[PDB]
Every structure is written in C-alpha cells, then in structure tokens.
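Caption: glibenclamide together with ATP-binding cassette sub-family C member 8 isoform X2, bound form.
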Amino acid sequence: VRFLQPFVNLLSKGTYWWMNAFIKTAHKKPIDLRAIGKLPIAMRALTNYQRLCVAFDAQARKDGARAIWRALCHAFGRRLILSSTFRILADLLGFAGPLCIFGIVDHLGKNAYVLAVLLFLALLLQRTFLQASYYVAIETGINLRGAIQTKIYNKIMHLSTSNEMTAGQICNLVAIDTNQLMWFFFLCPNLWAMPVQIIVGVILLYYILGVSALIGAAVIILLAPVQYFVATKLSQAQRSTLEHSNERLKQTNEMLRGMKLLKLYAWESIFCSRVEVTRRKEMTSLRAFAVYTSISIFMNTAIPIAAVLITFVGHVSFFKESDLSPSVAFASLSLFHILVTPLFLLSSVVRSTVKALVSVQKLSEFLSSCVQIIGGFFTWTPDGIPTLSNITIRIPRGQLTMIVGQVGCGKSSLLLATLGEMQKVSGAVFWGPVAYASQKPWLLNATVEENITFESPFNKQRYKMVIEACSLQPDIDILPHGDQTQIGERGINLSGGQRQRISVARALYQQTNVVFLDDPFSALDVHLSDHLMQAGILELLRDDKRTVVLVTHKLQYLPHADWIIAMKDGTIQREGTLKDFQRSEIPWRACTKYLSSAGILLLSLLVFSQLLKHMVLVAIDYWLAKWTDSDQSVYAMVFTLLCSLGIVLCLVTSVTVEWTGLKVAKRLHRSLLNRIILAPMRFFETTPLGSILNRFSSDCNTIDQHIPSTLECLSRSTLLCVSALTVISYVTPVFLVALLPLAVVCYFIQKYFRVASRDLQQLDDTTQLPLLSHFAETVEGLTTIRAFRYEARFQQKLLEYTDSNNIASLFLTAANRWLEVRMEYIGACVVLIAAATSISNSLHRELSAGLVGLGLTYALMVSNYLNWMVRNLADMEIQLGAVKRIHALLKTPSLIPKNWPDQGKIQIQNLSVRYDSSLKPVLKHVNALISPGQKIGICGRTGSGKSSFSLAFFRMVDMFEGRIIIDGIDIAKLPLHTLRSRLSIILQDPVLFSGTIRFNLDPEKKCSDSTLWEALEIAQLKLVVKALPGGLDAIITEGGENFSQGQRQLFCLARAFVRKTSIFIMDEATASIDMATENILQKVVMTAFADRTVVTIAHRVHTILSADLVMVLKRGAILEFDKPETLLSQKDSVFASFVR
Ligand SMILES: COc1ccc(Cl)cc1C(=O)NCCc1ccc(S(=O)(=O)NC(=O)NC2CCCCC2)cc1
Ligand SMILES: Nc1ncnc2c1ncn2[C@@H]1O[C@H](COP(=O)(O)OP(=O)(O)OP(O)(O)=S)[C@@H](O)[C@H]1O
C-alpha cells in the first residue's frame, strides 16, 4: 500500500504532505504498478458495490430511475455534503478577502497590519478548504464510478441472449455514460455553492458602489446564459465535423492496405485527390467551430472590461458625482474577478447535469431489462409462439451423441436448452460446469496458449496432446510469433478455420464431464476433420469417458456414435440408437516547426498583439489608479478610450489564433499525406498498420480539437502572470527584490511535478484500455462463459481491473491537489509580503495611496493565474509530445516521346536482387530473354523468388543488381509515373475499393463509357453489371460482400483491359478461386490475350503447362527452358513435370 490518504495527520489530510516522498522518489525512478500502491479497504470495487447494493436493496424492498437516484444519494451520503460545506465556507471567505483589502485602503488614505495578517490567514484557509472540497468530491465520484461499473457488470451476467447494437450500447454505457455520471458527481457541490457565491457577490458590491453597482452586477451575470448558448453551438458544430472526419478515415483505410496494388500502377495520386476533396469539407466545418471558440475567448476577457467601463462611467459621471475613493474602485475590481471565475463554471455544470440525468435514465433502462429432459417447451420471448415443443431425451455417461436434421430444426437451440441457458416454460431438465464451443467462434484479447488454457494450470503432456490432436501446431508455428502470439481483436490476423480449431482445443483441453461442440467441422477440410474426429474425439474424448454431445452432419460420424437424434420443425421426429433408428420408420524544436509551418506572416501578428493586449489591460488599471484621487470628466473619458482599445485588441488576437491554427492544420496534413505517398514498399511492409493509421486518426484530430485553444490559454496565462508580477513590482520596488526568491522556489516545484504528472497520466490511459476491451469480450462470448460457470473468476478479474484503474485515476488527482496547494501557499506568501511592504513603504515614507490599490488587487489574484499557467503548460507539453511523432513520420526524356512498343521482347542479363541494404541476396545470376508476343510462365516453390521477380520487374525492391530491360529500356532515366504507365499486373490479393464501377474500372476516369462496357463484356461481367441500379454506378464498399471472388478477379482483369500497357503480369490469379471458375477464367484470359505478352506465376499444373518459356526457380538461382514440351520430358519427368 502506498496511497495512504485516510491514515495520516489531519493537517496532511489537507496539505497533502505525504506526497513529498512519493513525488521525490518518482523524480528518479519511473513509476509503475509495482511501484504504485494498492487501494485501501475504504475504497474498492467490493466496498462501494456493497454500500450501493445495500442502499438499492433497502430501497427496492419498499417497492426505476428515481429509485436508483435516491439509492445512490443515500449510499454516498455524508462525504458529498461534507465536501459541499467545505466549499461554501471557502466561498464565504473568498468573498470576504476584498473587503479587508478595502478596509486597508481606507485606513491609509485617512489598524492595518492586523488586516494584512488577517488577509494572509484568510487566503490560506479559504484556499485550503477549497482544495479539500475538490478532493473529497473527486474521491466520492471515483467511488461511485467503481461501484456502478461493477454493478452493471454484475447485471451483464444475468441478462438474456435475445437482447451487436446492444453490445455497442453497453460499451458506450461504460465509456461515455459512466464518465458523464462521475464528472457530474465531481461538479455536484459546485452546483450548490454557485448560487450563494453570486448572491453574496451582488449584495457585497451593492453596498460598496450603491445603485450603480446593481447595473454592473447585471452585465457580468448576463455573460453566464450567453456562454451556455455559445457552448451549445460548439456542440452542434462538433457533431457535424465528426461525421466528415469519420468518412475521411474510411477513404484512408483502403489506401493503407492496397499499398502494393496502389503503387503497382501509380493510381495513388488519383485517390489522393479524393482524400484532399474530403479534407476541404472538414476544414470548412472547423472555421465555424473556431469562430465560436474565438467568441468564447473574446467574451471571457471582454465582460471584465465592460463591467468596469459601464459601472465606473455610469457611477460618477452619471448618477450622483460621488467621490470614488481608491478603495471602492479596487474592491469592485477584485470582486469582479472573484465573480468572473465562478460564472463560467455554471454553464458547464448545467450541461453536465442534464447530460448526467439522461445517462442515468439510460443506465436505469439498461440495468432493469445422465442428462434427462422430459416435456421440452420454450421460446425466445417472454410471450410468443414456441419453437421448443415436446422434447424428451436421455444423455447417459460415456456416449457419443450426434444430432442431425435440416437447417432450422432446433439443434443448437436444444444445445443451449440442455445447458440451462434457456429456462423452459413447462418441462423438466436435470443433469454444473460444462465445456462448450459455440457455432460462431470467439476469442479473447490474449495469446493462443492462454485461450486454449482458459484460466487453467498449464500442463506439458496434456496441452501438447491437445495441440497435436487438433492439427494446430504447424499453423501455430506459421504465425509471425511461434507461440504466445497476441491474437488480435476477434481474430483479424487469423482465419476462420484457425479460430474454430482453437475453440475446439479450448473445449477439449478443459477437465470436465460434458462437452458440447456446435458444428466444429464447418470450416475444416476432409483430412483435418477426419484427423480431429479420430485423434481428439474418438481417441482423446472417448479416452477419459466424457459425455460428448456433438452436433453436425456428415457420413463418417453416424456409425461412430451411440444415440441418433433427428429434429424436424423443432420436434424430435425419431429417437434411439443406430439399430433402433434403422428398424423404425519535449524540446523547443517541435513547437518551432509547428509555428514555422504557420510562417513569419502570423507569428509576429500573434505575439505582438498579445503583448499589446496585456499592456492595455495593465495600463487601464494604471490610469485608474491616478483617476481615483481627487478633471474627473477627462479622467473618465480616458478610461473609456482604454476600455475600447482593450476589447478591439482582444477580438483581433482571437481571430489571429483561429486563422493561424487552421492554416497550420491544413499544411501539416497535406505535407504528411505527400510524404507518406512517396515511401518505398518495404517501408510500408515493415511498419505495422496501427502506427501509420493511428497518427492520421488521432494526432490530426487531437491537434485540431485542442492545440489552438490550449495554446491561447497558455499564452494568456503566462502573459497575465508576467504582467501581474510587473505591476506588484512597480507599485512597491523593494517588494520586487523579495519576490524573485519565491519564484525560484516554483522552479523546483515545476520539475518534480512534470516528471511525475506525465508518468501517472500515461498509466491512466493504460488502465483504461484492457478494462473496456474486457467488457466487450464478456458480451460476445456470453453463452460460453455462462456455460463454463466461470462467472466468479471473470468477476474477480474485473474487480482487479477496476482497482488498477482507480488507483491511477486517484494518484493523478492527488498529485494535482499537491501541486495546487503548494503553488497556492506560495501565491499567498507573495501577497502577504507585498501588503506588508506596501503598508509601510508606500504610506510612512512614500505617502502615495494610488499604489497600494493596484498591488493588493493584483496580488490577491496572482495565484490563480499562476495555477492556470502551470496546468496549461503541462497539457501543452503532452500535446507537443503527441505532435512530435507526426514529424517523426514526416522524414520517411528520349525514350518517353517514342510510344512504348508493343514488342514484348525483353532480356534480363545477370540479374540479382536483395530486399534490405546489405542482406542475404534473393536471386543469383538471373539471365533470361523473352520473345515478342510469347506467353511466359514461371514456377518455383514458396519463397523461391517469383513474387520478388515480379516486384523487381516493377523495380519494387530497392537493392537489385545487374541491368533489367524492356525493349532496350531500363529504369536509369525514367520516373515512377512512366514506369507505371508501361506494364500491367494482377496481384494475388484482390480488392474493390469503395465507390462506383467507374471508380474501380478506371479511377483516373479517362476511359469512355463504351470502353468500360466492352471491357466488362470481354471480361464476362456485363450481364451482372447491367443487373445493378443505374449501371456502372453501383455504390461498392471496401471488400464487403457485394461481388463474388471470381467477379473480383473479373474486375481485376477489367483493370488490366483498360490499362492498355500491352505487357501483362499475372501474379497468382488462381489462389482462393474455385477450379470450375478458375479454369474458365484462364480460358477467357487466353482467348482474350492472343498478343501483349503475359508473364504468369502460380502453383497450378495446367497453368504452367500452357506456357511456352518457363524457368524453374532453384534454391537461390533460376534455370530457364524455352520449349515447353521439350523440358517436361528431357529431365525424364523428375524436376519439371512431377514438380508442376
Ligand atoms: C476548474 O476548477 C474549479 C474551479 C472552481 C470551482 Cl467552484 C470548481 C472547479 C471544479 O473543477 N469542479 C470540481 C470538480 C473537479 C473536476 C476536475 C478537477 S481537476 O483538477 O481538473 N482534475 C483532477 O483533479 N483530477 C482528474 C479528475 C478526472 C480523472 C483524472 C484526474 C478538479 C475538480
Ligand atoms: N440468440 C438468439 N436470440 C434470438 N433468437 C435466436 C437466437 N439464436 C437463434 N434464434 C432463433 O432460433 C431459430 C432456430 O435457431 P437454431 O436452433 O440455431 O437453428 P438450427 O438449424 O437448429 O441450428 P444451427 O443453424 O446449426 S445454429 C432461428 O430462426 C433464430 O431466429
């Protein structure tokens, strides 16, 4: 245990002194979950779940949305109200501070040291109570999140299967709804403490400025509803923008997958044009969003100026000509800031409260939704026509029981009913932890060994037996990681047969009596199914005398079982055995590049405008200082001039930040796209897709959403802090020399913070990722988990995960409180010293009263500007560190005028090729020649070098040696664009990117309609194309199920037809295609290609047999042969015929 909050001295419970040791150790050694503590018994999943379920029980025994609400209320009780009362007392003392400022200012102009030390004490106490309030509220919220999370997970166990969309709604119910609830519980005490704050503020300012005060008290208040309105607009804009963004991502996911396909003919620019077309729409939305952001930032600092303007001008020169002592004006200034700070929070509080109300309504709607069988009766509804009718079945021990029938006869339904999964209406069923593999296979977010063990102690002989008996070890070794390979989400990097074999292995490996397998032979061949039923079923299951109940439909399994079960229309037609059935019927460089992408045009326009705005904001008060003592009319007019300058300059600065941020986002995205386009193929193959896709998915989005606002806030905070320091220095010179020590202290407080605040931050992210994912895994494979009776262990795992999340999200708020309190203590020390120097120096000797006003008013508030500064600095640093990876990604004609000849005669003399710079060579002394108009075949085993030969023919490998030519022409003087408008290629991996048929046939779109129609008619595709809406305009999706595999290859051949390269490369147009269709495909491609030399590569016999010139790829080299009928009998059918 390390997080000891409840077990320390009640002084440190306030000032967080126990964090000194943690943060000092954290500076040196990197924090981790082993270096972190464990949550106390006072706050776990179990404790909060216990209190919440006790309250829910006491409320439901007296029987809903209001019910769950009151249950949470009575369950979390005293802590929340304690935080709220801390908060209101702090608010009172904060409203009290400026009045003692006023008293001091009065006394010196006409008992003040006492007021100064009282101000010091009241500041420190008020801020301490505020911080304790924040922390207690945050901890209550974290408790509530853990509690309702484990509660809705407990509910996930008892729900019914009849209720895809529900899974997404469940995981949003944990990712956004629960966060809304918890953040609303953060802001709950603020909603109680805001009204008393504004009421005390208005009544206090009225008694200081009189009737005029009221007028001012209106203006500031009028900003609070307006703000809300602005916020709403933002939200609307956000929605629209998000939509566009999503679409863009889709149009990217294709390009970053058909990489080799894309670059094999250089259609990449054609798709980049479309990608840029989407980007402009996205940019257009962003303008309005940033305009609203600018309006918000503008009002933020405009209302403070406007209040003082329309109040002071409307007080003296309007109403009663009352002499305005410096105390009145400066107290009004202080109260204006102390009231502006809370006003913004009310809008966000209202939004958070309504959103939390909706989310709790949603949570309530969700949260409240032998083997003997005699008289089976049930259905998939609380009321409806039944599908289970009159089923009586006995499943004795040690007996193979097949279930056979037609499609839709209640086979798997009977399986789940035997499981107890479906509580039958009227019937009896008796038989426990039963192993079960469902029809649709499911996996976890873990390794292969883990999925097959499934929380079971590992075995050597047992596990190796199960691995070998499932025909799974070779394909397991085929994976990039021989074992312990991280199986992707749902098994994207695996095939269906592998998932099925893993599921069957999981079912077989578990030690239990009963095993169900819902058709485990649907995605398996004949050989693998035979070996599985022989070794794993009849030899391994039948070994330990288990009760195997397998449902399938084959021939070999019928005489191997004991009981045959025939189902028809949900009824057992006949029953018995076989015989009874047959006898019956971050450095400054990242920011430097970020701002230099904007250019010199806007950098200075931003910086100098900010400097001038802050200079105006200080000069207005500097002139007010001389205004005070008493040409009052001229004074007020100068005040009005300054007030106007301030607001105009603020609007200018905001518009500048907006425009600059948008331009930078534009240029950065375009440069990233362009630099990713020109990368080599081996680079794309080396780097995983997640990192390349992820930068565009988030980095871009993150920057656009948060960099401009956070940068603006950081700049405003730092300049306001520097201005306040300069003010309190100019007021009292000696005070300056006292403030530089303390500020240096802050430097030491800075380092130790960041080197931990960053760390904890990332830890939070990590504990958020496997938690949510875990949830999803439980939802899909719910039947398997309720069948294995493994609910207890999984609930244990989820309590573990939510504890690991809460400890991180708790240490983070503890560290934020630490930095806050210490920076605030120093911000109170500085105002203490400033007032103590001002009372003596500026009164006893200097005798100038306009000074102390400015100094006190700025030192009463310097601390909040300091805190804004430091927090925004931390955020800007993490965001700039996120940006740096974008730059890391950023750093990755004599024969032309003569038309490319149709003579396909080529010759590659002494060719070699390597993949990486200075690695093992792929080819060795490759010499070959190809005659015009002659079909060429190439053979070889896997890894022989035929794909490498094709890629080198398209010079896709960047370490080839020798000279390679086409009609005396090579790659020494031609750019890539000409090199891709000269040859055609059909890859083994076909794809149909989204769009219309015109976008797939000719994405360039140069070709005319009759040309595409003829290409479809020749490619045996015109009839199915005419059977679609519109014709040549069917909206296709990436991959999908809109066309057959043969039709995808027909589209590839149509691409080849329209390419008109006159040279064709056929890279395994045979794999994963039915022979009945592949043979007619090759016949069409032969009858269509009488000219325009084609070089093919495959592992089929007849394809290699039909080619004229063929070269057998040896271990490292090739051996070519010209006449096909001569080399297939010269070696006496040893190396070229039986191999083919
Ligand atoms: C902006 O301040 C305020 C100023 C005045 C008032 Cl009347 C209220 C607040 C205020 O904020 N309302 C209290 C509720 C609240 C929410 C966030 C913060 S916080 O400081 O930003 N964040 C943390 O402490 N920890 C986070 C919490 C989320 C998980 C990760 C760690 C502090 C407090
Ligand atoms: N989880 C479910 N929720 C609601 N209805 C279901 C569910 N599973 C199946 N059904 C319905 O129950 C009917 C019968 O389903 P099955 O028992 O799976 O068909 P079966 O032919 O006996 O076995 P199969 O096809 O190998 S899974 C279908 O028409 C479905 O609409």
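When a residue number appears, it is its place in the shown sequence, counting from 1. These numbers come from the heavy atoms of this one structure, side chains and all, not from hydrogens, waters or symmetry mates. Atoms within a ligand are numbered from 1 in the order they appear, just like the ligands themselves.
Including duplicates, the parts belonging to glibenclamide are ligand 1. Per the PDB, the organism of origin for chain A is Mesocricetus auratus.
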